[PDB]
Every structure is written in C-alpha cells, then in structure tokens.
Visitor: 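Lab note: IDX320/Non-structural 3 protease complex loaded, questions to follow.
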Amino acid sequence: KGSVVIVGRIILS
Amino acid sequence: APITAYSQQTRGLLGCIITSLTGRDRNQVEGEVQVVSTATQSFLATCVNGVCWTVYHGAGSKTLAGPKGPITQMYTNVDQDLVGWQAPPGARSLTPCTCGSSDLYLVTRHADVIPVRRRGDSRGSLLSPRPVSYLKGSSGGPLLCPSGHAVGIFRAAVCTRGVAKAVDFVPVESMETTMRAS
Ligand SMILES: COc1ccc2c(O[C@H]3C[C@H]4C(=O)N(C)CCCC/C=C\[C@@H]5C[C@@]5(C(=O)NS(=O)(=O)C5(C)CC5)NC(=O)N4C3)cc(-c3nc(C(C)C)cs3)nc2c1F
Ligand SMILES: [Zn+2]
C-alpha cells in the first residue's frame with residue numbers, strides 16, 4: 001500500500 | 001553520557017501522507033538515525049553498514065519513500081522483529097561495536113541519550129527507570145557503545161505499571177546474520 005516516510009532525523013556526535 | 005544528540009523535523013503531516021502514496025522522497029537525507037512514519041504511527045530507523053534498519057512491528061512489509069521512488073525491503077526477519085532498506089544517499093551510517101562494552105546508551109525519539117547496562121545478547125537494564133511514554137516511539141532507535149558505535153536496535157521494553165525497567169534490542173550480530181542469508 002503506502003510507503004514509510006522520513007519525517008525527521010537525529011544527528012549524533 | 002559521552003555522546004550527545006539533537007533532532008530536526010523535516011516534514012509535516014500533509015506532505016508526509018503525500019510522500020507515502022507516491023513513494024518518492026526527494027528531500028535531502030542526513031544523519032545516522034531517521035525519524036520515520038506511516039499514516040498511523042511513528043518510530044525510528046538506524047543505519048548500520050549501509051542499511052537502514054527498523055522494527056517489523058512499525059513498518060511490516062512496507063517500502064521506503066526514496067529519491068527514485070519506493071525502496072523494497074532488502075531484509076525481512078519477522079522472527080527478530082527486524083527489517084532493512086538500502087540507505088538513501090546522504091544517510092550517514094554507523095558501524096558495529098568491536099570493543100565489547102557493557103556501558104550502553106539508547107538514543108530515543110526526542111534525542112535523549114539514556115544509559116543502559118548490557119545484560120545478555122539482546123538485553124539491558126536501565127540505570128534510572130523511566131516512564132514507558134518516555135520511550136514509546138523509539139523502536140528502531142540505536143544502542144551505542146561509549147565510542148558511539150552500534151550494538152543493537154531498540155525493539156521492546158520490560159516494565160510494570162507504566163515504568164520501564166529494562167530494554168530488549170536486536171543485536172547487531174543478528175543483522176549481519178540476516179545479511180548472511182542470500
Ligand atoms: C524476537 O523477539 C521479539 C520481541 C518483541 C517483539 C515485539 O515486541 C513489542 C512489545 C511492545 C512492548 O514492549 N510493550 C507494549 C510494552 C512497553 C512499551 C515500551 C515502549 C517502547 C518500545 C520500543 C517499542 C516501541 O517504541 N514501539 S513503537 O515505536 O511505539 C511502534 C508501535 C510504532 C512501532 N516497542 C514496544 O513497545 N513493543 C514491541 C513485537 C513483535 C511484533 N509485533 C508485530 C505486530 C503484529 C504488532 C509483529 S511482530 N515481535 C517481537 C519479537 F519478535
Ligand atoms: Zn565499541
């Protein structure tokens with residue numbers, strides 16, 4: 001049916 | 001913690017739905033962990049060795065909206081609640097821990113780094129117990145060693161009356177085992 005979508009991110013360091 | 005994290009929301013609700021139906025996401029991708037969503041629910045996905053891994057109970061069968069249309073699951077291991085897609089270009093991948101530490105750090109949906117004490121292959125107890133709501137929505141989030149390397153992805157919790165006392169995760173070794181099944 002639908003796809004998974006990237007609505008954000010978590011940056012590391 | 002020796003590790004820090006911060007979050008950035010890149011899409012809203014309407015654009016999200018839209019992209020879900022087209023399967024085409026041209027937005028630039030950054031970072032090691034992605035905040036991910038279907039219509040109904042939301043959770044994290046972690047990149048390790050070029051693959052984005054998340055939980056099967058959040059994404060089941062589904063493809064991942066990518067810059068050239070939808071991306072098929074490369075890996076689907078229902079037994080371990082694990083799926084994986086090839087990392088969209090831009091996604092910075094983490095690498096597996098080789099040091100064997102027991103001093104872990106779970107990175108959550110709100111960018112909390114929380115200490116976890118390694119107990120088994122797929123298990124670790126929280127040093128400070130949190131509420132469950134503090135953790136809900138972080139499945140597919142990473143467990144990191146002190147040097148910021150990946151040891152597993154967050155799968156589930158063990159808890160009582162709404163307070164989380166320990167975490168279950170897919171060990172990074174099972175991800176390479178799944179990748180060892182052509
Ligand atoms: C190899 O051994 C395992 C181990 C656990 C498994 C398993 O666990 C569940 C148990 C349940 C649970 O622990 N409680 C309800 C109690 C405490 C809540 C702890 C807080 C956060 C938890 C990490 C977390 C989570 O954030 N989920 S989420 O992001 O909100 C989500 C629903 C959008 C995906 N996950 C989580 O809470 N849970 C995961 C589920 C599934 C599958 N589920 C399905 C479908 C049909 C639902 C197919 S297979 N397989 C599992 C499995 F194979
Ligand atoms: Zn390490």
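Each chain gets a letter, A, B and so on, in the order the sequences are listed, and its residues count up from 1. When a ligand or atom number is given, it counts from 1 through the structure's own listing order.
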Visitor: What parts of this PDB structure belong to IDX320?
Guide: ligand 1
Visitor: Heavy atoms under 4.0 Å from IDX320: which other chains do they belong to?
Guide: B
Visitor: Which organism of origin does this entry record for chain B?
Guide: Hepatitis C virus (isolate Con1)
Visitor: Tabulate residues with any non-hydrogen atom nearer than 4.0 Å to IDX320.
Guide: B:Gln41, B:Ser42, B:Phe43, B:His57, B:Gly58, B:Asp79, B:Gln80, B:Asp81, B:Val132, B:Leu135, B:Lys136, B:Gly137, B:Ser138, B:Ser139, B:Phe154, B:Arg155, B:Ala156, B:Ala157, B:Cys159
